[PDB]
Asks: 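Here's what I've got: AMG 487, bound to C-X-C chemokine receptor type 3.
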Amino acid sequence: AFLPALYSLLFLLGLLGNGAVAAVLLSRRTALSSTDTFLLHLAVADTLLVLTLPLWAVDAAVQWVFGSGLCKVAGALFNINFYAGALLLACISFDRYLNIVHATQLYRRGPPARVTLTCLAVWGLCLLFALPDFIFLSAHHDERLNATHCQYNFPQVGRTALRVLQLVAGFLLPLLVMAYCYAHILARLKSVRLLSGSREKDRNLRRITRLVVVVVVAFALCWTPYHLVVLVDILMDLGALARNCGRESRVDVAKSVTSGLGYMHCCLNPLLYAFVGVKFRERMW
Amino acid sequence: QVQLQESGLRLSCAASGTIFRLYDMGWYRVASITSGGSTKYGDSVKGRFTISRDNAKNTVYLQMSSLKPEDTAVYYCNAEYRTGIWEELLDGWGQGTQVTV
Ligand SMILES: CCCCCCCC/C=C/CCCCCCCC(=O)OC[C@H](COP(=O)(O)OCC[N+](C)(C)C)OC(=O)CCCCCCC/C=C/CCCCCCCC
Ligand SMILES: CCOc1ccc(-n2c([C@@H](C)N(Cc3cccnc3)C(=O)Cc3ccc(OC(F)(F)F)cc3)nc3ncccc3c2=O)cc1
Ligand SMILES: CCCCCCCCCCCCCC(=O)OC[C@@H](O)COP(=O)(O)OCC[N+](C)(C)C
Ligand SMILES: CC(C)CCC[C@@H](C)[C@H]1CC[C@H]2[C@@H]3CC=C4C[C@@H](O)CC[C@]4(C)[C@H]3CC[C@]12C
């Protein structure tokens, strides 16, 4: 009964952390910056995912006695978490790149509606990548396993296509945007006497960029291994490397551990935000 | 922090410590050379002095010729530097030098 205890502990820790972050952020409403709104949406996604942990805690001891709509919602939330995180991080990185390099501000002089509608757009575009998860993921009942685990029903031919779509889009595209934007930020920031036209704004911009880059590094480090495992599964399905049972019993536990890391990131984010951002705790308590 | 030690008729100012980059240098009592090599002087100086920079050793020099009694003063070296890539640009002064004729 180690897994239910661990799931409950993570549920409590993540709930407390993300609730505190969201409460302190919404306390000073109608005065947030673009990065503050993006981090608020990341916190919303993280708390929305960690809100499903007690269901898996119950499933770890007793079978999945929950129905099918709950299963669909849980799978959709798990996928939406790592879709929205990557896309919102790419948006914030592009904003930082523009501000550092071209000295142009989109979300500052423009209305807050400019960032509100891009947040709505990324939310909708993430829902429209998890619609296939809604179409599938019913609760089954297999032989030799007297349980109702959550699995997929659609044909194996479609599994490869969906996996390729998820991997390609939600890993390659944000990764390319990240690499380009951050390479240019580092090039234009390691050799400049004074960003903008003053010094206080220079150091403020440096601090904000440092916070953004540490958040991005944490997210990438937590979520990359799962995508590597999915890539390995995709290649072994096509025929590049063999489907030996000794190569399947290992990718199963690899998937389990990497999904656990993806779940732990949702509670790792707020304490990282508070420790590095000491000023955040100053305005919190 | 970092230090800035001067010398004694040639003025050589050096910097040492944990510096990510040096940006500006000069002498005060009038002459300032940037990191790119551009040199600036006062509007009343018609090329009497000359300033050169050696970025490899992080040293700034000041060459003075045709000295006059009106130049007898105390001269301090100044430098701008950043201690890290994420840090703030800040400047430090030197102890100073005394010219006795
Ligand atoms: C060559 C560029 C031309 C255009 C390239 C087009 C795309 C090429 C494909 C890229 C592959 C090569 C990778 C290296 C490229 C150089 C740029 C770079 O190297 O950047 C990229 C990194 C890594 O990409 P990613 O992690 O976003 O993956 C995203 C994955 N997904 C979506 C799951 C989060 O992106 C980062 O942010 C790295 C930031 C950290 C590295 C610099 C640190 C400088 C400061 C040192 C101390 C900093 C202390 C605080 C930081 C915490 C400790 C490090
Ligand atoms: C800390 C929470 O960790 C979880 C929570 C849920 C799942 N999860 C699972 C569970 C049952 N799952 C299989 C799985 C399927 C697809 C992707 N990832 C994992 C596990 O391997 C559970 C597990 C976790 C950690 C483990 O450590 C270890 F040390 F004991 F090995 C062992 C097992 N199924 C799902 N089905 C459909 C849709 C979503 C899920 C969904 O999210 C996996 C992790
Ligand atoms: C005013 C209408 C803007 C609607 C939103 C436009 C598209 C936003 C979503 C695009 C997501 C693409 C995936 C990705 O990684 O994007 C990285 C960047 O392209 C993000 O661009 P953004 O900064 O969101 O684009 C700003 C849009 N502007 C320029 C019209 C304000
Ligand atoms: C499969 C389902 C559960 C995925 C998630 C759908 C719901 C819960 C999502 C989709 C759009 C989201 C909203 C998008 C934008 C905002 C504005 C922000 O200032 C506060 C959060 C808020 C109000 C979000 C709350 C959660 C939300 C309503």
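Naming: A, B, ... by sequence-line order, numbering from 1 per chain. Side-chain atoms are counted along with the backbone in the values below, which use heavy atoms only and exclude waters and symmetry mates. Each ligand, and each atom within it, is numbered from 1 in the order the structure gives.
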Asks: Which components of the model belong to AMG 487?
Replies: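 It's found at ligand 2.
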Asks: Which other chains lie near AMG 487 (ligand 2), in the sense of having some heavy atom under 4.0 Å away?
Replies: A
Asks: What else, ligand or ion, has an atom closer than 4.0 Å to AMG 487 (ligand 2)?
Replies: none
Asks: I'm curious which transmembrane segments of chain A get a heavy atom under 4.0 Å from AMG 487 (ligand 2); can you number them from the N terminus like UniProt does?
Replies: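 Going by UniProt numbering, the segments with a heavy atom that close are 1, 2, 7.
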Asks: What is the residue list for the binding site of AMG 487 (ligand 2), using non-hydrogen contacts under 4.0 Å?
Replies: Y7(A), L53(A), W56(A), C150(A), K255(A), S256(A), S259(A), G260(A), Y263(A)
